[PDB]
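A short write-up of the structure that comes next.
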Protein chains: 2
Amino acid sequence: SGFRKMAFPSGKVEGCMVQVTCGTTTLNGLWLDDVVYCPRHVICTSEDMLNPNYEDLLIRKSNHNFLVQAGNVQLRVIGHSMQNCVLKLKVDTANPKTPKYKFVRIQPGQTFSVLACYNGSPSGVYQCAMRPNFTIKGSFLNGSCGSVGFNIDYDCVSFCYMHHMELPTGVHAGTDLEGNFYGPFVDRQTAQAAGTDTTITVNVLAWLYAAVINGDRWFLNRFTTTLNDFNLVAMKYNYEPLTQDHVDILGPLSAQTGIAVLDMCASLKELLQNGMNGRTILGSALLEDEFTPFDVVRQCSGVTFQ
Amino acid sequence: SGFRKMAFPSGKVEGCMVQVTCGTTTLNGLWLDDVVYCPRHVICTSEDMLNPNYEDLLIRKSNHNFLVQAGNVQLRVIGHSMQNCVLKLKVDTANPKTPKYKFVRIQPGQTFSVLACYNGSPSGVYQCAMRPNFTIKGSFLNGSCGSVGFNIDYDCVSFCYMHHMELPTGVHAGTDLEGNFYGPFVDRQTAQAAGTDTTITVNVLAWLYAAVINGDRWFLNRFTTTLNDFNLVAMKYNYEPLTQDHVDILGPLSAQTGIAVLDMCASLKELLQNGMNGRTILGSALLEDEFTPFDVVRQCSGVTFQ
Ligand SMILES: *[C@](O)(C(N)=O)[C@H](CC1CCC1)NC(=O)[C@@H]1[C@@H]2[C@H](CN1C(=O)[C@@H](NC(=O)NC(C)(C)C)C(C)(C)C)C2(C)C
Ligand SMILES: *[C@](O)(C(N)=O)[C@H](CC1CCC1)NC(=O)[C@@H]1[C@@H]2[C@H](CN1C(=O)[C@@H](NC(=O)NC(C)(C)C)C(C)(C)C)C2(C)C
């Protein structure tokens, strides 16, 4: 029993972090096989940031301008290239700690673990969600660039995020491991709009199910509702619309608790219209939306990983 | 920028988890050098739990009754002993992945990372605090026993907790790595009282400092207070008294923000007396007490570990 914001074990990713230096800038790289991946603005100076021409900036860098370093051992770059917003440094030594891995571009509302690193060295791990506006609410300081988000599927690490930049309200933007940004962001220091952040309704429902599984039942009411009627209310409190897929995804949690999804929607409806009047649910005084239905099943049934 | 409930990287602890089986029971062990550590009630059957006599139960176990297993490799027990509530299984193979480590008994209010495991395999990592009543609010299912809490100091893992048991309200009790319980709990299935849980005031203050460092300043008021006057109010909302030590510990956070501790106490005072009126602080609608001043410094300045 119990419910906690839980990250994946980070052992398999720790051995893949190196330190990348180009002239003055130092940040983190991801070393898999004989390739190191890092944000391409490592080739920028502070002034270049306002309006970088990456092609032109890259023209005047040779392999020997890139200092790659795994612990005290020192790797040498035999080739570099730009793939979108990431730089791929080809090195002379395949990582002997390369795990089984994939690169995946995740969808908004999915969650993942971030291993925050500085100078190629792990500092900490936490779980976060891709917000519907394609930002994340992370914890990143200067030097954290190149830190990666990941999931695990048994033995296979799925890399999905690389950290690049911060936006005014302490929210964070980055790319997938192919260098494509999530959202409309670009890697330069010029004013940029993030859209409105909405609440991931299906995640809220899964967390309400986790509450119930852990005996926190007071919000369970006696009403029901329809999917169209719920969405009419959710959309006014800035919530994602619920679809029949979402209902199907919640099936396992609905079947374990004996509470139908539409019944749960009616309880959520009331929580949005009346607030929570001072109680908490699973120790929280807000509705939590950074647990997917999979995260809840995994945590409330004990899925392990190699 | 940003503030997250952050766990230590778990790589160095993952390689120390094994699976321990005795007759019917299977749980987790901690394998360091040639010793495996596990909860001693692994030698119990479901019936023995109501009133185990561990000495007598242990009398009828020999080395070959204990199946220890690291992945697919299979270790053999050449000796067993009971140290308080833990069992120390002497094995024939020193763990080649033993990190530099210590055993520490932590004090209430300190935080640590838990690597929740099942069948000797890491499932996830999260951060928690030793509550003032010597429980933790974790996330543990059947099979999680033997999972360990730890901190890191650069290269040295400090093991501080081993999970044993759950109490009615989904709170958890366990031992240090020498087998002594935290709190007055004993390892048998008989009614047992946990005391009242109080709020760790110095942790709340450090989190308020983290708020301010991250620009969340609305609760900063124009009043001040005295340590005796604050404690008179804190003690009525079930808060730990603040001492001059606590003030000294907060010095680094006070110096970074320019807000004196007593001034911060006056803001906290008002938050306890008026509630937070609907806003949030660092995304939370409750006062958070599971960040030590050290956790805040570490996260808001970027301490890394080997
Ligand atoms: C990494 O590059 C690093 N070296 O660690 C760094 C990390 C961030 C998180 C704390 C600083 N990222 C940048 O410096 C990033 C690079 C320039 C400027 N960057 C920013 O994140 C800036 N944000 C910003 O300009 N935001 C908008 C575009 C105005 C919304 C900072 C002001 C935070 C430095 C580039 C290429 C975007
Ligand atoms: C571990 O032993 C395991 N094998 O994983 C197990 C983990 C807990 C967390 C989910 C079950 N612990 C126990 O089974 C533990 C062992 C018996 C009974 N235990 C309990 O935790 C019981 N709690 C309990 O009796 N609580 C009090 C004492 C009434 C407050 C359960 C009812 C949860 C099984 C012993 C030796 C205490």
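Order of the sequence lines fixes the chain letters, A, B, ..., with proteins taken first and strands second; residue numbering starts at 1 for each chain. According to its header, the structure was obtained by X-ray crystallography, 2.2 Å. In each ligand, atom 1 is the first atom listed, and ligand 1 is the first ligand listed.
By its PDB name, the drug at ligand 2 is boceprevir (bound form). Here, the main chain in contact with boceprevir (bound form, ligand 2) is recorded in UniProt as 3C-like proteinase nsp5. Counting only heavy atoms under 4.0 Å, the other chains near boceprevir (bound form, ligand 2) are B. Binding site of boceprevir (bound form, ligand 2) at 4.0 Å (heavy atoms): B:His41, B:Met49, B:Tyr54, B:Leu141, B:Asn142, B:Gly143, B:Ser144, B:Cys145, B:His163, B:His164, B:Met165, B:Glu166, B:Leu167, B:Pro168, B:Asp187, B:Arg188, B:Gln189, B:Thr190, B:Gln192. Of all atoms in boceprevir (bound form, ligand 2), numbered sequentially from 1 with element shown, those under 4.0 Å from a heavy atom of B:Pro168 are 30 (C). The contact region for boceprevir (bound form, ligand 2) on chain B lies mostly in UniProt domain Peptidase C30. The shortest N or O to N or O distance between B:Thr25 and boceprevir (bound form, ligand 2) is not below 3.5 Å. Result: the UniProt active-site residue of chain B nearest to boceprevir (bound form, ligand 2), with minimum heavy-atom distance to 1 Å, is B:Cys145, 2 Å. The deposited model shows a covalent link between boceprevir (bound form, ligand 2) and B:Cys145 SG. Checked by distance only, boceprevir (bound form, ligand 2) and B:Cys145 come closer than 3.5 Å through their nitrogen or oxygen atoms. Residue B:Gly143 has at least one heavy-atom neighbour below 4.0 Å for each of these atoms of boceprevir (bound form, ligand 2): 3 (C), 5 (O).
According to the PDB entry, the source organism of chain B is Severe acute respiratory syndrome coronavirus 2.
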